Amino acid sequence: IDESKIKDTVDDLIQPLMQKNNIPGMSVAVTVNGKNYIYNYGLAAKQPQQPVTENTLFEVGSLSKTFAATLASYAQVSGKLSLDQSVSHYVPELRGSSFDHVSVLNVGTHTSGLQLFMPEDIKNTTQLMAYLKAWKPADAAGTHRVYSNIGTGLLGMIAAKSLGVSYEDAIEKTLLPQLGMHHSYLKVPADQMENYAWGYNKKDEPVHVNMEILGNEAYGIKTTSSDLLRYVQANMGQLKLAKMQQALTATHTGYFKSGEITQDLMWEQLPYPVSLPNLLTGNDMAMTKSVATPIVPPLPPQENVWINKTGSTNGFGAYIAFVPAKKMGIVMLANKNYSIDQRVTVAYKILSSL
Ligand SMILES: C=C1CS[C@H]([C@@](C=O)(NC(=O)Cc2cccs2)OC)N=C1C(=O)O
């Protein structure tokens, strides 16, 4: 009977949300009391029409950053990576540059000072390294938070190299298989292309994300809501799957305070019980610089917190939130990018109903 009540709550919020934002398709996955509920709505593609099903793959954009963090954490608990070491310690071509004074932790917490977007002209590793060797932050690393795809890219690159593999092999051959996420990909295979939803951009054109340099680390994941709910459950220790569980949990370590949030290793967290005003403010930090204050010793992974991450691409919008103390979590996937405040408000209303 709790299943029907949850479905009513979700239906009543998602259907008006899709109508007013012209979202073609959504999947919403909820976990509570050890049980999983998956609700699918609308169309994965308009023409030819295809419904959202249990197998539908969505782009998740910036949610991909948490997989780079999980990989770095795995390297750390495996003794291959020290987060307090400098980036140039692991990337010898950057020795003598600004990255002598940037830690791996800094790129894992958006405190290096690197900008949000990769310069558009950077196509290959030679161009990337020339940019990084010439780069200087406006403030000292560790003093401000600037959300960065470039920093995330370095975090994943360094983690993979420390494990002896490419980032693509690290994710698709080790991390996702060991998490049981068998319908999660950086590159969708031919037998799954029929399941890969189209995204609909601001002009309502069908689009798929273009993968550029260090893009897999920052925005490359395509996945089902069921696989992401497994990822949420693994982050709450609910699944058998010991290094992997240690790695997942350690990504929730709190390293910096900024505004309303605690910045973990890519994950962000808020106090629980959660204030909706503070949750909205905390999810409006992607494009501006803020002051960052270190938490030292770091805050251990907590139960009594709201942990979350947003993601989008030109054609998709995604959100994950979970509260370990209540073993509850939510995944919301859509094939239109609609505003973060609406994602977070719907998620807050669903989890508050439980
Ligand atoms: C406001 C934000 C939050 S942050 C988000 C995000 C992660 O979701 N976009 C992507 O991952 C997909 C990419 C598009 C171009 C390079 S990447 O990070 C840039 N984008 C934006 C944006 O308005 O562009």
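Nothing fancy with the numbering, it's 1 onward along the sequence. When a ligand or atom number is given, it counts from 1 through the structure's own listing order. Atom set for the values below is all heavy atoms of this structure, side chains included, hydrogens, waters and symmetry mates excluded.
The drug placed at ligand 1 in this model is cefoxitin (bound form). This structure shows the largest set of contacts to cefoxitin (bound form) coming from the chain the PDB entry labels Beta-lactamase. Taking every heavy atom under 4.0 Å from cefoxitin (bound form), one finds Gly61, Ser62, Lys65, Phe117, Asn149, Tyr219, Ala286, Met287, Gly311, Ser312, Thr313. Note that atom 19 (C) of cefoxitin (bound form) has protein non-hydrogen atoms nearby, at separations under 4.0 angstrom.
Considering backbone and side-chain atoms together, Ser62 places an N or O closer than 3.5 Å to an N or O of cefoxitin (bound form). Taking any N or O of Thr310, backbone or side chain, none lies under 3.5 Å from an N or O belonging to cefoxitin (bound form). The PDB lists the organism for chain A as Klebsiella pneumoniae. Which parts of cefoxitin (bound form) touch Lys65 is read off a 4.0 Å heavy-atom cut-off, strictly below it: atoms 18 (O). Heavy-atom proximity to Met287, at under 4.0 Å, picks out these atoms of cefoxitin (bound form): 1 (C). Near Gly61, the atoms of cefoxitin (bound form) lying under 4.0 angstrom from a non-hydrogen atom of the residue are 11 (O). The atoms of cefoxitin (bound form) that sit less than 4.0 Å from any heavy atom of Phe117 are 15 (C), 16 (C), 19 (C), 24 (O).
If you number the atoms of cefoxitin (bound form) from 1 as listed, the ones under 4.0 Å from a heavy atom of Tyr219 come out as 11 (O), 17 (S). Nearest non-hydrogen protein atom to atom 21 (C) of cefoxitin (bound form) is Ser312 OG, 4.3 Å. When distances from atom 1 (C) of cefoxitin (bound form) to the protein are checked, a heavy atom turns up under 4.0 Å. Below 4.0 Å from some heavy atom of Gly311 lie the following atoms of cefoxitin (bound form), by number and element: 8 (O). The shortest contact between atom 3 (C) of cefoxitin (bound form) and any protein heavy atom is with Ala286 CB, 3.4 Å.
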